[PDB]
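For reference, chains are lettered A, B, ... following the sequence lines as listed. Residues displayed in chain A correspond, in order, to the PDB entry positions 204-261, 273-477. In order, the residues displayed for chain B correspond to 686-696 in the PDB entry numbering, which applies throughout. Structure method, as recorded: X-ray crystallography, 2.0 Å. All values below come from the heavy atoms of this structure, side chains included, with hydrogens, waters and symmetry mates left out. Both ligands and their constituent atoms are indexed starting at 1 by order of listing.
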Amino acid sequence: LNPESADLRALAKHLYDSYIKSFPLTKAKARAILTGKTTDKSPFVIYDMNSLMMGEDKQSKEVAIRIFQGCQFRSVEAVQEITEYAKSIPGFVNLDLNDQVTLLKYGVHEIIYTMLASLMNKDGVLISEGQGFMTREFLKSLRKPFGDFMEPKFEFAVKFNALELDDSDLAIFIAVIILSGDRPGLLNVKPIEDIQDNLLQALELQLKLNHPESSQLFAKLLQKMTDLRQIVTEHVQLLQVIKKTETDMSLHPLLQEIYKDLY
Amino acid sequence: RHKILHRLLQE
Ligand SMILES: CN(CCOc1ccc(C[C@@H]2SC(=O)NC2=O)cc1)c1ccccn1
């Protein structure tokens, strides 16, 4: 290790520590829960309407809506955690505040679906901080339009999880996503690109040191950033459909704010 | 616009 590499290791560590502070349920813990390698009770499995209702004992709108709005509630909490994490990225809070807002607005869902993969396997997803496991099949079975809203997220996840990143890798990756200089409407791109340049260098070194056997992991990971955007744009279209067809529902105000003039 | 995010950022 040389002095520039050292500064990059320090940045990696600083981000890892902020990540652990900001995000209560890590991929480490999630994996422990999913494999069974934990001394906690295994999670309650939700695979049908009945199991759901018995698990709720751990509103009274229809099931698909209750599930969809539980996802909204989780995002709202996730946005708060991501906002706190973003504030720890060196140089972030020194940006024009309008640009901080724009970066968060466009970054949060990409990060949400990234971190959701940490909680997923090919059969289902941990919920309620790992106290539950909701099956992929059950989510597929929901009545249209809700029946296939999770499928693109699971398909992304199985591919993304094959990279076998850990929390120390994810912490840098997430910061890279937030510091994207090509978000629409940014006022001053230069200081954002300067920060992202450093982060990307930090990520590349991190991946070389933590995964020395996995050649071109850095390049595979950068291509996923493009796939995350697709997940978000498609989701926006699904939301448009849902907003037209289900005037039962109401989007949480934080989410209205994020989604307004997003794509 | 972005009243909440502003708030979370400045908090
Ligand atoms: C399927 N799970 C795990 C969370 O799965 C999520 C799926 C999608 C999102 C994105 C939300 S949903 C929306 O329209 N906008 C958003 O930001 C957020 C979380 C459930 C289901 C019920 C209760 C709690 N957890």
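The drug observed at ligand 1 carries the PDB name rosiglitazone.
Ranked by contacts, the chain bound most extensively to rosiglitazone is, in the PDB entry, Peroxisome proliferator-activated receptor gamma.
Heavy-atom contacts below 4.0 Å between rosiglitazone and other chains occur for A. Around atom 10 (C) of rosiglitazone, the closest heavy atom drawn from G346(A), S342(A), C285(A), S289(A) belongs to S289(A). Nearest protein heavy-atom neighbour of atom 15 (N) of rosiglitazone: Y473(A) OH, 2.8 Å.
Taking all heavy atoms of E291(A), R288(A), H449(A), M329(A) into account, the minimum distance to atom 13 (C) of rosiglitazone is reached by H449(A).
By UniProt annotation, the domain of chain A supplying most contacts to rosiglitazone is NR LBD. In the entry as deposited, no covalent bond from rosiglitazone to a chain appears.
Under the PDB entry, the species noted for chain A is Homo sapiens. Annotation for rosiglitazone: atoms under 4.0 Å from non-hydrogen atoms of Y327(A) are 10 (C). Atoms of rosiglitazone found under 4.0 Å from any heavy atom of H323(A) (numbered from 1 in listed order, with element): 16 (C), 17 (O). The rosiglitazone-binding residues of chain A named by UniProt that have a heavy atom under 4.0 Å from rosiglitazone are exactly: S289(A), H323(A), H449(A), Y473(A).
Residue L330(A) holds the heavy atom nearest to atom 4 (C) of rosiglitazone of all those in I341(A), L465(A), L330(A). Residues in other chains coming within 4.0 Å of rosiglitazone by heavy atoms are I281(A), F282(A), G284(A), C285(A), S289(A), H323(A), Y327(A), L330(A), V339(A), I341(A), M348(A), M364(A), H449(A), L453(A), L469(A), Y473(A).
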Measure and list all N/O to N/O distances between rosiglitazone and the protein that fall under 3.5 angstrom.
{"from": "rosiglitazone", "atom 1": "14 (O)", "to": "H449(A)", "atom 2": "NE2", "distance (Å)": "2.9"}
{"from": "rosiglitazone", "atom 1": "15 (N)", "to": "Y473(A)", "atom 2": "OH", "distance (Å)": "2.8"}
{"from": "rosiglitazone", "atom 1": "17 (O)", "to": "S289(A)", "atom 2": "OG", "distance (Å)": "2.7"}
{"from": "rosiglitazone", "atom 1": "17 (O)", "to": "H323(A)", "atom 2": "NE2", "distance (Å)": "2.7"}

